[PDB]
Q: 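Handing you a structure now.
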Amino acid sequence: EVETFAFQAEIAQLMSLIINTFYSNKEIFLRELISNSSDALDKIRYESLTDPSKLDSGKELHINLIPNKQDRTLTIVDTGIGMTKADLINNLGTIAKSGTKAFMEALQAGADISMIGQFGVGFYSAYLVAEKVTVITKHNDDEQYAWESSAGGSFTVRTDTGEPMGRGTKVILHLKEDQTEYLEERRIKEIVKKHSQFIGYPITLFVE
Ligand SMILES: CC(C)NCCCn1c(Sc2cc3c(cc2I)OCO3)nc2c(N)ncnc21
């Protein structure tokens, strides 16, 4: 049972720029996603200090990197705060509007795509390497949802009847045909060591 939504014009614009601009340093997408996971984990930890029951959905706070050549996907999994339906459909977009505006102006002023994180919109860097991104997420007091978008100005959201995750987010990157290097263990290990060696949570890189 799928609902389809239009990205706010600004977000659609950011995505086009990301997909269209010639920029070779694509590997920064992983750092942006791992960072978002780190932030989510930080929040659920902080919240658990005043309400321990919030960890009933899972006490483990970590990150998993799962590559799959068969499906040509790279999934970044975390046990963080998760996102609600309201987050996925309106709230995160509202916030992303200002970040986008600032980021695009900063670019014209000499900045580059690798700085997208300082504007709160790093998630969209996933499109530097993915033709389609599917996001499975579960927040403590909402249901598990599946958000998805191949850009083009729209995204869908549905209640996920798959396999329960308890609490957290899974960013599934359906890679572009010429970006399969991100499925190789050596390459992923290289990027993590280069841009995310100090994340304060365990990061497990699965092998195939
Ligand atoms: C609330 C605070 C933690 N900031 C969260 C920003 C949204 N977000 C993001 S960035 C993001 C993710 C999206 C999205 C928009 C953004 I911005 O629509 C598709 O899924 N990653 C998160 C994650 N791994 N866990 C929880 N929240 C995530």
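Residues 16-223, in that order, are what chain A shows, numbered as in the PDB entry. Header entry for method reads X-ray crystallography, 2.1 Å. Numbering of ligands and ligand atoms starts at 1, following listing order. These numbers come from the heavy atoms of this one structure, side chains and all, not from hydrogens, waters or symmetry mates.
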Q: Help me with this one: what macromolecule has the most contacts with ligand 1, named as in the PDB entry?
A: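 The main partner is Heat shock protein HSP 90-alpha.
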Q: Not sure I'm reading this right - what drug is at ligand 1?
A: PU-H71
Q: Does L107 come within less than 4.0 Å of PU-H71, judged by its heavy atoms?
A: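 Contact present.
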Q: Kindly confirm or rule out an N or O of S52 lying under 3.5 angstrom from an N or O of PU-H71.
A: no
Q: Counting heavy atoms only, which of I96, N51, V136, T152 is nearest atom 10 (S) of PU-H71?
A: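 Checking each option, the heavy atom nearest atom 10 (S) of PU-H71 is found in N51.
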Q: Students should be able to answer this: which protein heavy-atom is nearest to atom 17 (I) of PU-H71, and at what distance?
A: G135 O, 4.2 Å
Q: Can you tell me if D93 has a non-hydrogen atom under 4.0 Å from PU-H71?
A: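 Yes.
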Q: How close does the nearest protein non-hydrogen atom get to atom 22 (C) of PU-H71, and which residue and atom is it?
A: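 I find the closest protein heavy atom is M98 SD, 4.1 Å.
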Q: Got a protein heavy atom sitting under 4.0 Å from atom 27 (N) of PU-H71?
A: yes
Q: By number and element, which atoms of PU-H71 are closer than 4.0 Å to a non-hydrogen atom of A55?
A: 25 (N), 26 (C)
Q: Among protein heavy atoms, which lies nearest atom 1 (C) of PU-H71, and at what distance?
A: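 Going by distance alone, atom 1 (C) of PU-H71 is nearest to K58 NZ, 4.0 Å.
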Q: What protein heavy atom sits nearest atom 12 (C) of PU-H71, and how far off is it?
A: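 That would be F138 CD1, 3.5 Å.
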Q: Quick one: does PU-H71 sit under 4.0 Å from the side chain of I110, the backbone, both or neither, non-hydrogen atoms only?
A: neither
Q: Counting non-hydrogen protein atoms only, what is the nearest one to atom 23 (C) of PU-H71? Give residue, atom name and distance.
A: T184 OG1, 3.8 Å
Q: Report the binding site of PU-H71 using a heavy-atom cut-off of 4.0 Å.
A: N51, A55, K58, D93, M98, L107, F138, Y139, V150, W162, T184
Q: What are the atom names and distances for all N or O pairs under 3.5 Å between PU-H71 and the protein?
A:
| unit_1 | atom_1 | unit_2 | atom_2 | d |
| --- | --- | --- | --- | --- |
| PU-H71 | 24 (N) | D93 | OD2 | 3.1 |
| PU-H71 | 25 (N) | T184 | OG1 | 3.4 |

